[PDB]
S.K.: 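Our group is looking at a structure that contains mebendazole; some questions.
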Amino acid sequence: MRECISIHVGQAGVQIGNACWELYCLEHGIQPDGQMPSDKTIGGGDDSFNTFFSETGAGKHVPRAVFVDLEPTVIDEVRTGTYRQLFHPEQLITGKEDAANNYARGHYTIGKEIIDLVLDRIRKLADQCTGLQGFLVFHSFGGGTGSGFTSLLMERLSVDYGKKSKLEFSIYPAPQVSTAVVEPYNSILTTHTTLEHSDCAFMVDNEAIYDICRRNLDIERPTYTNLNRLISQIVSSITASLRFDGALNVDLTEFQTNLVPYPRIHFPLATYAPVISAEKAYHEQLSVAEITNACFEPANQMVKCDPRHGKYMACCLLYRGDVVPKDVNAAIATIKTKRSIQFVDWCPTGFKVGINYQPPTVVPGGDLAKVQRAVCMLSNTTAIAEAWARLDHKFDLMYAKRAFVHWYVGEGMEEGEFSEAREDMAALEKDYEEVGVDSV
Amino acid sequence: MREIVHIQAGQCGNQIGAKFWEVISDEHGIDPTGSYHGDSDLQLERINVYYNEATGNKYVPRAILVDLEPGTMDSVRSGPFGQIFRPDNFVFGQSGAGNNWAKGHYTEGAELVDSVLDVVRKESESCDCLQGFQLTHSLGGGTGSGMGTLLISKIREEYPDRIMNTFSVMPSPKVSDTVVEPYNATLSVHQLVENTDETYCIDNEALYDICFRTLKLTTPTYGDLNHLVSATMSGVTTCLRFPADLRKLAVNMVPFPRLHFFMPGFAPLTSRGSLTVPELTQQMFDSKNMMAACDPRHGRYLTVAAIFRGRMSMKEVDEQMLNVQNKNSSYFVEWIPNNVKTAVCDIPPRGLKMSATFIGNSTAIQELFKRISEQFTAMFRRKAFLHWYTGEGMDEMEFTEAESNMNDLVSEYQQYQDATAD
Amino acid sequence: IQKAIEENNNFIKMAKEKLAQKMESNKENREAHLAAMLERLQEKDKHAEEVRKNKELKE
Ligand SMILES: Nc1nc2c(ncn2[C@@H]2O[C@H](COP(=O)(O)OP(=O)(O)OP(=O)(O)O)[C@@H](O)[C@H]2O)c(=O)[nH]1
Ligand SMILES: Nc1nc2c(ncn2[C@@H]2O[C@H](COP(=O)(O)OP(=O)(O)O)[C@@H](O)[C@H]2O)c(=O)[nH]1
Ligand SMILES: COC(=O)Nc1nc2ccc(C(=O)c3ccccc3)cc2[nH]1
Ligand SMILES: [Ca+2]
Ligand SMILES: [Cl-]
Ligand SMILES: [Mg+2]
Ligand SMILES: [Mg+2]
């Protein structure tokens, strides 16, 4: 009951998915072969971890997940990796020619050749569900598959599953770890076409994750492996409420009620702490007050922006580990006296708190230190519009000269889709300003 | 998985083509018999891109050797690695082109083009997923320039959704005394502007100047010029051969379909008489290290790709690439954000611990086309040597069309050089 | 509740149609782009016949 299906699209979506499911398995005691000794109900069950894992008669715990990429090299590493026995072969779907960082090829030319098979494989996952809650879609903004095929999939999922909830984990492009120049185009195109079909989207700025890995984990030149292990921890904090249960546990859907005041304003700002190396965590216990204070340090945000220059519409705190309300309330009271936390005048100012007692895990050989307690803040702030502004401005610079547009037109798109998508973004930026204005 | 089909046409095309296969065969651990005897599995991971796995686990270049004379191709079969090439992939005639573009594009080459396509189809149909084609040729000759551009136009008819790349050798008075080379080059550029996705401008003027001024060779040979071409082609194809496809790479380098002519660069370039990451970066942005006789500081960069090879600090590479950009910001167009991208491959070339290969889409390339146009108009306004071409059936208009199309290419490069963000 | 069913069905309908129109408009545009490319290449082939014919006459 309350199953969630994860869909990982393109390289970034697939590789981040690999990190998430590895971490999930460790948190739940699932082995690389899908066996879970602690699970005494074989072949089924209604436990909390069954929201993300199905069970076969042979005791294998199978992710409720589909991996999709338009070329095979990234998913092949799953087919032959350590957790290869975790997935049935039909959960891993590949073409042979990718979208070449072209939204048009991912949404049209190449994507239309595989979209039917993908939906068929998702249906088979849905049919195993007794009360499907929704989908979690992982993808980059910048890739041609992550952008173009994701939009196509989201549009098709609205048709096949009505308004069943669809959440995104979206990788916002950063030049430090990208070798593509047309990513601003793909980002605006996919954001425009997906905006109506997504109920809530957590953007992850690769530059923010890049900086956190360098500053807090002392990694000289972070790789995707480094970024993804950190991203998996935030994703885990966000989905922990669905996979574990407890008296103080608050369901993610209940947080969403507070985070989305209007359908289009559905982009929460995530902030995670503590990110600390083993060398610094040694003889170092970070308290509830210390990790909570870290949530309001902008350097720990998942998206580069300044919330001090915006207004809050919601503040949620998702704790996990050794945390009790008494200390949370004390920490919050302290922060309210020392921080620039301004709410819009039409929204209450209380912070919404959930606690999952299961402590966080770390993957062996990683750089993150294992801690007794962590926290993910989910805030709805107008400051996240700064991320749209930076991306829209790069879009405008290239589109004024029509740079690279021929690649998209050559695959069937029209200039009208570019201007139509950019106008939708301009209205979104406008929407974020309007919500921050004081009432009459 | 992602196969490339290589073609080499004419004397030059076959010469540098053979050198290319010599160099990459060595890098992948393939001997002149086609057998693998390397020492790392990274050499075989993407060997399918350029080689077919044959019976007996021998690797055969996916290469097609073309010429209207058997002379050069006979040397290939006799030279080193002459036996790895598939014998049926030799498509030669006896007529010859006489350094006449018309003979290669229209007369002698048209009679042979069908037999060349027969080999292209048999190679292509054996590909799990064909990326596209790369052609090696010169633009001053007759076969490589005339029949090469014809092969491109006819391959595009059967494979219109595949990338077409060329390594085109531009003519220079410093290397060949033949007089009609500006005609053959201008007629070829007219074709390449329309039917290729990427063209590396391998400028003989720049190759000679490097061998003479830098490498200190009083009398550079074609072998000396080709050692530069071999090292360049190895560099630009490194990311394809060792662990993105031709299309993704063209997407990030070609902002406008006609402006797909690249300035190649390489570092280090040192003589036999007598290296840091900062020095590598500084050198590859120096005009002296460009394989095209153009000064990048006389124009602006639309896009740049740079690949470093060898064991080095990625952090230091990141710092120095940001360093050279900020100190040369004026030479990078503002309206294409983040237009300089960098890649690293742990496997260095032969005989070097570290190297860097530079791929620049610079408006300064107009200097190269301006030079060809000047030589062209200096002969066409007199109508000199035109009977070689009208004799094959061409009309003066086709010379006037090719001329004004290249002059348009120049003015198009100048347009975006002068464009600003605000 | 009827209004809720009608709004959800109308959202599903308009999305299905919006997509069907986008995918057909894109098919036509891509097919036209490739047809124009080849038509230019056939025109060159015809021009090559004229060149080879113009040679024959001179003989
Ligand atoms: N955080 C993170 N970002 C990634 C990862 N892989 C790729 N990206 C980012 O995603 C963008 C490129 O998109 P990709 O996902 O690689 O491309 P794709 O979705 O496979 O689409 P195509 O390859 O063009 O068909 C760049 O901005 C990368 O920095 C990853 O593993 N982790
Ligand atoms: N770098 C280099 N240039 C060459 C070579 N052979 C010919 N060229 C150049 O190519 C032009 C002559 O074209 P060529 O290929 O010989 O005519 P083709 O055999 O009919 O294609 C001249 O401008 C030469 O400078 C070579 O081996 N190396
Ligand atoms: C046979 O013809 C080709 O090889 N075509 C071709 N186009 C290319 C464009 C870029 C690169 C790179 O090395 C690179 C370096 C840094 C960032 C991104 C890419 C390599 C290419 N090869
Ligand atoms: Ca069970
Ligand atoms: Cl598959
Ligand atoms: Mg990809
Ligand atoms: Mg010759």
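Each sequence line gets a chain letter, starting at A and going down the list. Using the numbering of the PDB entry, the residues shown for chain A are 1-440, in order. Per the PDB entry, chain B residues shown: 1-42, 45-245, 250-280, 286-360, 369-441, in order. So for chain C, numbering is the PDB entry's, and the shown residues are 127-185, in order. All values below were derived from every heavy atom in this structure, side-chain atoms included, with hydrogens, water molecules and symmetry-related copies excluded. In listed order, ligands and their atoms are each counted from 1. Partial entry shown, contacts counted within.
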S.K.: Could you help me spot every copy of mebendazole here?
M.R.: ligand 3
S.K.: What does UniProt call the chain that holds mebendazole with the greatest number of close contacts?
M.R.: Tubulin beta-2B chain
S.K.: Quick one: what other chains come closer than 4.0 Å to mebendazole, going by heavy atoms?
M.R.: B
S.K.: How far is atom 13 (O) of mebendazole from its nearest protein heavy atom, and which residue and atom is that?
M.R.: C241(B) SG, 3.5 Å
S.K.: Name the UniProt Mg(2+)-binding residues of chain B with any heavy atom within 4.0 Å of mebendazole.
M.R.: none
S.K.: What protein heavy atom sits nearest atom 22 (N) of mebendazole, and how far away is it?
M.R.: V238(B) O, 3.0 Å
S.K.: I'd like to check whether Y202(B) has a polar contact with mebendazole, where a contact means an N/O of the residue lying under 3.5 Å from an N/O of the ligand.
M.R.: yes
S.K.: Any idea which atoms of mebendazole are less than 4.0 Å away from a heavy-atom of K352(B)?
M.R.: 16 (C), 17 (C)
S.K.: Tell me the name listed for chain A in the PDB entry.
M.R.: Tubulin alpha-1B chain
S.K.: Judged by non-hydrogen atoms, does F268(B) sit under 4.0 Å from mebendazole?
M.R.: no
S.K.: Numbering the atoms of mebendazole from 1, which are under 4.0 Å from a heavy atom of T239(B)?
M.R.: 1 (C), 4 (O)
S.K.: Taking only heavy atoms of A316(B) into account, list the atoms of mebendazole that are under 4.0 Å away from them.
M.R.: 10 (C), 14 (C), 15 (C)
S.K.: For mebendazole, find out whether one of its N or O atoms is nearer than 3.5 Å to an N or O atom of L255(B).
M.R.: no
S.K.: Identify, for atom 4 (O) of mebendazole, the protein heavy atom at the shortest distance, and state residue, atom and that distance.
M.R.: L242(B) CD1, 3.0 Å
S.K.: If you measure from atom 2 (O) of mebendazole to every heavy atom of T240(B), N167(B), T179(A), which option wins on shortest distance?
M.R.: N167(B)
S.K.: Define the binding site of mebendazole at 4.0 Å using heavy atoms, by chain and number.
M.R.: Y52(B), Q136(B), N167(B), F169(B), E200(B), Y202(B), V238(B), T239(B), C241(B), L242(B), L252(B), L255(B), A316(B), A317(B), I318(B), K352(B), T353(B), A354(B), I378(B)
